[PDB]
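Contents of the following structure include fosfomycin (bound form).
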Amino acid sequence: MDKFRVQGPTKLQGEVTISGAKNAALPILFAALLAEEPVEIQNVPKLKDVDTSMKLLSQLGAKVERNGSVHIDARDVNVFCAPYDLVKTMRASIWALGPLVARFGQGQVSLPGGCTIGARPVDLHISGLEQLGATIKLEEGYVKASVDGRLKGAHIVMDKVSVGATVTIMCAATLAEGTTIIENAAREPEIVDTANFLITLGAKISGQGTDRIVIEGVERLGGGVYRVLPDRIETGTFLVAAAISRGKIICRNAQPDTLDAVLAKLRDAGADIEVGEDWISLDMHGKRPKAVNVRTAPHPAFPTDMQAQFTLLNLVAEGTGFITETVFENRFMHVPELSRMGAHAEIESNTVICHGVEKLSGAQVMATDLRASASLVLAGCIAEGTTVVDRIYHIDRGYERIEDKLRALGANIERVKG
Amino acid sequence: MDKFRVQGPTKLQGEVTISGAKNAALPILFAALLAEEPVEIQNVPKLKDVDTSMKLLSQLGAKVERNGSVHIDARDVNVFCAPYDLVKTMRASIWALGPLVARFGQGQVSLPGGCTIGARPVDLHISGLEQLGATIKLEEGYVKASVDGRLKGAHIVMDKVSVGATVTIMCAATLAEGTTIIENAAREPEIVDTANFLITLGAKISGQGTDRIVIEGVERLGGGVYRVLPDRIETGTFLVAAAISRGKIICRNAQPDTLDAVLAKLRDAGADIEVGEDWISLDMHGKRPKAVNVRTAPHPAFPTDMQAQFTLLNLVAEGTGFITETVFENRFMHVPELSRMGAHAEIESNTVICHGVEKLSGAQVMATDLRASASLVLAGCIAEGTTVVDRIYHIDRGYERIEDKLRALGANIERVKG
Amino acid sequence: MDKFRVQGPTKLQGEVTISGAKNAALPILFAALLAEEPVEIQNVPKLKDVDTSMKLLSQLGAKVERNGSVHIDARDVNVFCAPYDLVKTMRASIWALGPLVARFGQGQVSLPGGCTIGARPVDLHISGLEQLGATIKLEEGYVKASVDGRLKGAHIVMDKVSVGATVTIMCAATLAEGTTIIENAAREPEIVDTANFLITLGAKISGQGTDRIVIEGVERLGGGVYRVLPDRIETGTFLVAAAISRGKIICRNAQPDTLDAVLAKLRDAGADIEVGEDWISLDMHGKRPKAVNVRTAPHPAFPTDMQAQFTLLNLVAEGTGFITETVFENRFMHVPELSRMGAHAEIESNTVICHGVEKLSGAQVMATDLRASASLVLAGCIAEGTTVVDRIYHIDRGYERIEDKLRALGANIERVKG
Ligand SMILES: CC(=O)N[C@H]1[C@@H](OP(=O)(O)OP(=O)(O)OC[C@H]2O[C@@H](n3ccc(=O)[nH]c3=O)[C@H](O)[C@@H]2O)O[C@H](CO)[C@@H](O)[C@@H]1O
Ligand SMILES: CC(=O)N[C@H]1[C@@H](OP(=O)(O)OP(=O)(O)OC[C@H]2O[C@@H](n3ccc(=O)[nH]c3=O)[C@H](O)[C@@H]2O)O[C@H](CO)[C@@H](O)[C@@H]1O
Ligand SMILES: CC(=O)N[C@H]1[C@@H](OP(=O)(O)OP(=O)(O)OC[C@H]2O[C@@H](n3ccc(=O)[nH]c3=O)[C@H](O)[C@@H]2O)O[C@H](CO)[C@@H](O)[C@@H]1O
Ligand SMILES: CC[C@H](O)P(=O)(O)O
Ligand SMILES: CC[C@H](O)P(=O)(O)O
Ligand SMILES: CC[C@H](O)P(=O)(O)O
């Protein structure tokens, strides 16, 4: 277990270049199982989840290689059982199931891992795929899916909003016979990106980014080149880093329209924000943030993947702020870790009530999941003294070179063995 | 999203006439799928859930009409697949499954909605129906049930207490061959009402209201007229309205024996209560309540559907009071909303620790579920200033004309578009 | 509902003799379904769970008798459906399923009860058994398993650590054809004990106590005599009893190597500990404990079954201590009960933050589960005045003669009807 050792307080100031989105790179990598000619995916972050997906892909029979891009040749996929050891390490592995079924008529994928922030069922993926014509059973721990012949498109009303199940159904639909309509579709920018990737390959899709997507199945998808959009959560995290540290930053290679709610909330906190076409600047003008209220919800509302980060901002802000998490039922694990650093929070139900303090103290804390870990490192940067964040591998699932990026803003961080 | 705008403080005083029970009207409406002659159900509240059930019923092929009564002619039911869009909006839709199977040999119902106050599985309904002889599978999101021929009665020990699964098994049993015994049956007054409805139709049932119900199957049920019992929770809510507001009320068209535990607890809080045959009066004699301790449990203990309401009473009472919720695992969502109004609560596990304050403050709050919403409106009536309760549609699931009823007691409420 | 009435404060001092482990006696009793000659199991505690298991065993066709030992003759097992009424009362009943399948080719067991400290799924047991070749379905509430012929050994990587599913797979593997490897196996001392029991009977097992167990199936198991190891949790509870009461104790018939983490934590709390080969002594030298931090995890880390107990120690200790529960998601029910006795705890997520007080007060409290109940009795022993712990039957699931043992240390306890 690597740990980060952080020494504060430090103010965070400067610039950062945003990497491709974790959560777009991932569904695109799996969507490439559909492709029957080679694909190049540009602007792909170097993340643990990306490495594992490439390995998983390779074990199905794909030819895979990366640099700034990931190259995938999926023409000769010939294994339909995903490797369990890889699947259990992340959420995104669930996305092998859909394409394997749609293209090959069968697939077997065990239940995913990922962030331990809820029970995280996959029932809507399974329901969707069944509505498209698949037969599914859970056996030995695998989700085992099949269909004789093609899937058949269907009108599918999603019972609840779900990013991942939207991707599964949209992807599988691209090779079904007929038309699929997804109602109550997730609107996240990563589904738009995924959809636009698919279209590059020859898919017929419209409505992505709205609550309804329409897909007309085609016989085969081709190949192509596609560049992944910037990471909005990595963006938001670095904007929070400057905001809590009374700083200023510019974020380069950004996409500001994927952050409306976040930027507004940062303005509410007292931040001076400007945006251009592909960059965002934040300036606190030396001031401590003001407390804000937040309620998480699906895009384009305030994102659950920025909740932990805003927890911390509210805990060193001026005032009382209320943060309500509606999307996941166990995503306050960062809170007691913050309380070990002197924070004043109280949880009531799905809400953390935060009373901001001027300064935190250094402490031995432990990362529980990707965004909690980032949050605890940011805490360590502004806290007095030394913080040791244990189990920092979590961070590497979602941030390329966080240590380097933060270092470049002024942080004093060390990565340490154990 | 309609909202309520409330202006306080206001004292609540006067009288109210209690409507039929939400939670008896609902299972009776679905039980009427059994009937092979027309039925008249009297004293049926005008509630969102009732409207939806009538529409659902009509889509199966029933002829349905209402005024003070709902009229159902179920003779020509000929669709066995319930409409998903209606089913997802409420709990009660689960009750279409049992009667469809018992009478027609098949039925398909997707998973219900309703109050977001727990995971709310339906496994005991499915287990019960299987014990009666049904074959069940979950596929595309539906619970799909069938049996060749009649169900067969069985001795069924309910693994845990459940209102809804008691109703499902009791209802389905009425057309099975032989005798069914339900052990560990729920005893709620709405199951008694349901049972007595069924008996009006020709069912052979005994033991309702006790922990064991015995049903002897008959070949067919007929028709009839039946009046739904008063709503105990609407009763309790209005009694709490007067209790927290230092008031006095009489509740007309009430059934006081369905409220033993609630009335005792209201006496513990300092209320002067009297009861007659069909009415209940409460007088606080101008005083602020005293804090009480409460533990929810199945009937005839203190009901979970009054828990939110008593949360509020304890938060403006004199003293420290402990409220333990044992029935549902996510039914404290009203708590942080109350804390936004200045309440002093702390949650520990399944318990809210409440330290009563003299006055609340007006605040923008949001309703999460039916009884939380009612509670937040009551809070708004006694709070200083303006409260806006967002997402008030929740209330209309369970209260007919709440705005009008409260207005008649002195409240200053406005319903506002959005 | 029996209750305990406790009068404090009382200091707890003296000696105690530790009984056999609840949680080894239980899996061994069920493992004995494998045996085709008689078995004698020595040092078996007199516990409610043991009584129920013997009755369950007898209803499958075993001949069962006990004194200090339990005698089992399983040669004529001839019923494969476990009695539901017995199964629902405890966790351990799940362990009938594996042996019935491995030896007889079929078995039907409803879902277990036990401690209400989480959802407690059995999916890893079912997945494991399927990997060994079983066919499984859930129907009428039963887990129904079968295989034609023997099971076949498999390489099984356990998706998460699980004590019970490790036992199920290891036990069933003893009669499969070929070799089974369990990776990510639970290492608890009770799995070692179980494994060594099995080996007495002729099983071929190695690796128990490590994260990998290897089993080579044999054709039949025989009989034998085996003595159950001491109860580590009962040990830890009595060590906590003396620690919180500023006392001193010696624990006889103990196994100190099963308690490394606990003993270290007790040293951190200020305890003077000594150990011999089969005994442990603790002396506080008259002092109040110091607060400690704890994080639960699988063996050999700090055990979840001592978490409640250490909650209490931290709440009467000097200082602030943080207790993080990672194993079960609803195991803080003792906390509000402790708060009724004047404790200063706050829960945040999976962590209880404890600020120790000098003295508790007597209160009416209620036991929710086995280890919470023991904890509340210990609280009652050091609290000022009278404590009544309701629903004390929970204690009898895991402690033989707790009342007598504590009495012998100086406690003033009464067991009372209701
Ligand atoms: C790899 C990836 O893209 N991860 C992101 C994705 O996760 P993910 O796709 O897992 O999130 P979902 O939108 O599906 O989850 C939404 C809610 O729906 C539930 N649900 C989801 C699927 C299902 O079949 N059944 C079901 O009940 C979940 O338990 C959760 O409570 O979107 C989340 C919501 O923005 C982000 O936090 C994650 O970082
Ligand atoms: C429409 C209606 O009548 N609603 C009422 C009904 O709901 P409802 O019928 O849903 O409530 P239940 O009594 O069934 O629920 C009791 C507990 O058992 C669980 N459970 C229930 C069914 C099942 O198959 N499996 C299972 O595990 C539930 O998750 C809950 O934790 O009774 C509740 C308990 O008084 C009230 O709060 C609801 O307002
Ligand atoms: C009779 C007995 O021996 N009881 C002990 C046993 O319980 P038990 O065997 O039930 O505990 P487990 O180790 O299996 O449970 C570990 C975690 O894994 C989960 N899980 C377990 C099995 C499964 O199929 N699926 C699954 O998801 C559980 O919900 C829990 O969250 O070990 C626990 C952990 O030390 C102790 O607290 C219990 O006193
Ligand atoms: C929620 C944390 C991560 O983004 P995952 O969804 O597990 O990949
Ligand atoms: C618990 C809230 C409502 O009564 P529902 O059970 O959803 O109809
Ligand atoms: C966790 C409490 C008990 O040891 P059980 O596991 O239910 O036997």
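Chain lettering follows the listing: the opening sequence line is A, and each later line takes the next letter. Note that chain A is numbered according to the PDB entry, with residues 1-418 shown in order. Chain B is numbered as in the PDB entry; the shown residues are, in order, 1-418. Following the PDB entry, chain C shows residues 1-418, kept in their order. First listed ligand is number 1; within each ligand, the first listed atom is number 1. The figures that follow rest on heavy atoms only: side chains count, while hydrogens, waters and symmetry mates do not.
- The parts of the structure that belong to fosfomycin (bound form) are ligands 4, 5 and 6.
- Contacts with fosfomycin (bound form, ligand 6) are greatest for the chain named in the PDB entry as UDP-N-acetylglucosamine enolpyruvyl transferase.
- Counting only non-hydrogen atoms, chains lying under 4.0 Å from fosfomycin (bound form, ligand 6): C.
- The 4.0 Å heavy-atom shell around fosfomycin (bound form, ligand 6) contains C:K22, C:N23, C:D49, C:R91, C:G114, C:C115, C:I117, C:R120, C:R331, C:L370, C:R397.
- Between fosfomycin (bound form, ligand 6) and the UniProt UDP-N-acetyl-alpha-D-glucosamine-binding residues of chain C, heavy-atom distances under 4.0 Å are seen for C:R91, C:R120.
- Measured by heavy atoms, fosfomycin (bound form, ligand 6) lies under 4.0 Å from these UniProt phosphoenolpyruvate-binding residues of chain C: C:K22, C:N23.
- Nearest protein heavy-atom contact of atom 6 (O) of fosfomycin (bound form, ligand 6) is C:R120 NH2, 2.8 Å.
- Remark: minimum distance from atom 3 (C) of fosfomycin (bound form, ligand 6) to any protein heavy atom is reached at C:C115 SG, 2.9 Å.
- Regarding atom 4 (O) of fosfomycin (bound form, ligand 6), its nearest protein heavy-atom neighbour is C:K22 NZ, 3.3 Å.
- Polar contact check, C:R371 against fosfomycin (bound form, ligand 6): no nitrogen or oxygen pair lies under 3.5 Å apart.
- Every atom of fosfomycin (bound form, ligand 6) with a heavy atom of C:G114 under 4.0 Å away is listed here by number and element: 7 (O).
- Near C:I117, the atoms of fosfomycin (bound form, ligand 6) lying under 4.0 angstrom from a non-hydrogen atom of the residue are 1 (C).
- In terms of polar-atom proximity, C:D305 is not counted as a contact of fosfomycin (bound form, ligand 6), lacking any N or O under 3.5 Å from an N or O of the ligand.
- The residue of chain C annotated as active site in UniProt and closest to fosfomycin (bound form, ligand 6), together with its heavy-atom distance to 1 Å, is C:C115, 2 Å.
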